[PDB]
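What follows is a deposited structure in which one can find AR-42.
Chain A is numbered as in the PDB entry; the shown residues are, in order, 59-416. If you're wondering, the header gives X-ray crystallography, 1.4 Å. FYI, side chains are in, hydrogens and waters are out, and symmetry mates aren't considered; it's all heavy atoms of this structure. Counting starts at 1 for both ligands and their atoms, following the listed order.
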Amino acid sequence: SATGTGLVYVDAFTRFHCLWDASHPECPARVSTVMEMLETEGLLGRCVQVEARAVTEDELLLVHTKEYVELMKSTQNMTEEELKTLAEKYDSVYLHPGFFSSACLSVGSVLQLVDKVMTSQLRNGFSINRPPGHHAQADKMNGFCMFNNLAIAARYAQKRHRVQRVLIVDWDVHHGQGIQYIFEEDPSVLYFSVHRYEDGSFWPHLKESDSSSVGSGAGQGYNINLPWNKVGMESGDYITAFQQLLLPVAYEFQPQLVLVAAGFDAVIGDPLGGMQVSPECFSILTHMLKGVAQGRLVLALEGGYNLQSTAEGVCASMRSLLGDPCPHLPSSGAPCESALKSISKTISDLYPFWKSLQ
Ligand SMILES: CC(C)[C@H](C(=O)Nc1ccc(C(=O)NO)cc1)c1ccccc1
Ligand SMILES: [K+]
Ligand SMILES: [K+]
Ligand SMILES: [Zn+2]
């Protein structure tokens, strides 16, 4: 219904895994545990089940090159040896005979929710999809990603639904450099990423993940990086960043759709992220994004590798999508010194482009 929260999940999302590393963190259990907890918590039944669809070539070509799409399509017929040889041409990816099919459904799941939200058939929605997308680039896989789910969804919203301005909020612990690159010169898609950085020590080790990368050309000012340079950030660090930096800019930008790269590798317990964000924080962060774009908010799963922590973070976000009052958080909400240093530096780099920051 018009006030409902959509949810997309298909079994195909479990039908690929790393053939040569049984301990690989990006695994089918990521999504099945999310679905099991959504059901256990009674949240799944409160959502509107939305069918997935496979992305089309023309939709992929909004972001990706024809040669790359064709190469990825050809992986469905490769032997394990051929898949490994190709995967090793990229940074931090594996391949599997079912990867391409699942990746196409992963993109399409987001597009389905964009359709329902933009036409007011639903208020908001969440795709419980893998593979993730935010590292994928125009002509290459990267960081467990084949196709850039949210970058495609943003250009799709603009082409099909005629949206003028899209905000992408990326709270995964990693920098979505793929999204940054795709929209580098584009003022119609504002990209905000908060991520572990540690002066480049943390993957993907890019100079352009620092706050000095503000976009270029017509896009100058429309790329905002908030790099953390110490581990152990908590809910108060994220909430403060949203209150001091993201919300003022978002209201000035006046987006017509908000897409969230909803990774949960910053949650306490993640084996890679190094952060200490409570899952309940994501109820608050989700709530803080519902006040722009008429609440037209679509979350899509990115990273998050502790099965329980990621499922808890998804559930906390879903409670806010469904309109349940936010929980009290035990901490005061005050940030640590390192977080404040990062927030202040990002504001210093972005102030020449946002009246709300001056
Ligand atoms: C070697 C290490 C640097 C690498 C790695 O951590 N990659 C990586 C990339 C993206 C995300 C993510 O969640 N992005 O949003 C998470 C992890 C890796 C590769 C294979 C098996 C384990 C670890
Ligand atoms: K991020
Ligand atoms: K941009
Ligand atoms: Zn991540």
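- The ligands or chains that make up AR-42 in this structure: ligand 1.
- Bound to AR-42 with the largest number of contacts is the chain that the PDB entry calls Histone deacetylase 6.
- Lab note: binding site of AR-42, heavy atoms under 4.0 Å, is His82, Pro83, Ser150, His192, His193, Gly201, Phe202, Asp230, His232, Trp261, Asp323, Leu330, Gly361, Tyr363.
- With ligand atoms numbered from 1 in the order given, AR-42 contributes 14 (N), 15 (O) to contacts under 4.0 Å with heavy atoms of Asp230.
- Set against the non-hydrogen atoms of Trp261, the atoms of AR-42 under 4.0 Å away are 3 (C), 9 (C), 10 (C).
- Distance from atom 17 (C) of AR-42 to its nearest protein heavy atom, with residue and atom name: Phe202 CE1, 3.3 Å.
- Considering backbone and side-chain atoms together, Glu360 places no N or O closer than 3.5 Å to any N or O of AR-42.
- Listed by atom number, the atoms of AR-42 under 4.0 Å from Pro83 heavy atoms are 21 (C), 22 (C).
- Ligand-side atoms of AR-42 in range of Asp323: 12 (C), 13 (O), range being under 4.0 angstrom from any heavy atom.
- Taking a cut-off of under 4.0 Å to the non-hydrogen atoms of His82, the atoms of AR-42 that pass are 20 (C), 21 (C).
- When only interatomic distances are considered, the shortest N/O to N/O separation between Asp79 and AR-42 does not fall below 3.5 Å.
- Within the 4.0 Å cut-off (strictly below), no protein heavy atom is located near atom 1 (C) of AR-42.
- Lab note - ligands/ions near AR-42 (< 4.0 Å): ligand 4 (zinc ion).
- At the shortest separation from atom 13 (O) of AR-42 among protein heavy atoms lies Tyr363 OH, 2.6 Å.
- Contact atoms of AR-42 toward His192: 14 (N), 15 (O) (distance under 4.0 Å to a heavy atom of the residue).
- Here the protein heavy atom with the shortest distance to atom 14 (N) of AR-42 is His193 NE2, 2.7 Å.
- Here the protein heavy atom with the shortest distance to atom 18 (C) of AR-42 is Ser150 OG, 4.0 Å.
- For atom 12 (C) of AR-42, the closest non-hydrogen atom on the protein side is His232 ND1, 3.0 Å.
- The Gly361 neighbourhood of AR-42 comprises atoms 13 (O), with distances under 4.0 Å to a heavy atom of that residue.
- Note that atom 20 (C) of AR-42 has protein non-hydrogen atoms nearby, at separations under 4.0 angstrom.
- Regarding atom 6 (O) of AR-42, its nearest protein heavy-atom neighbour is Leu330 CD1, 4.2 Å.
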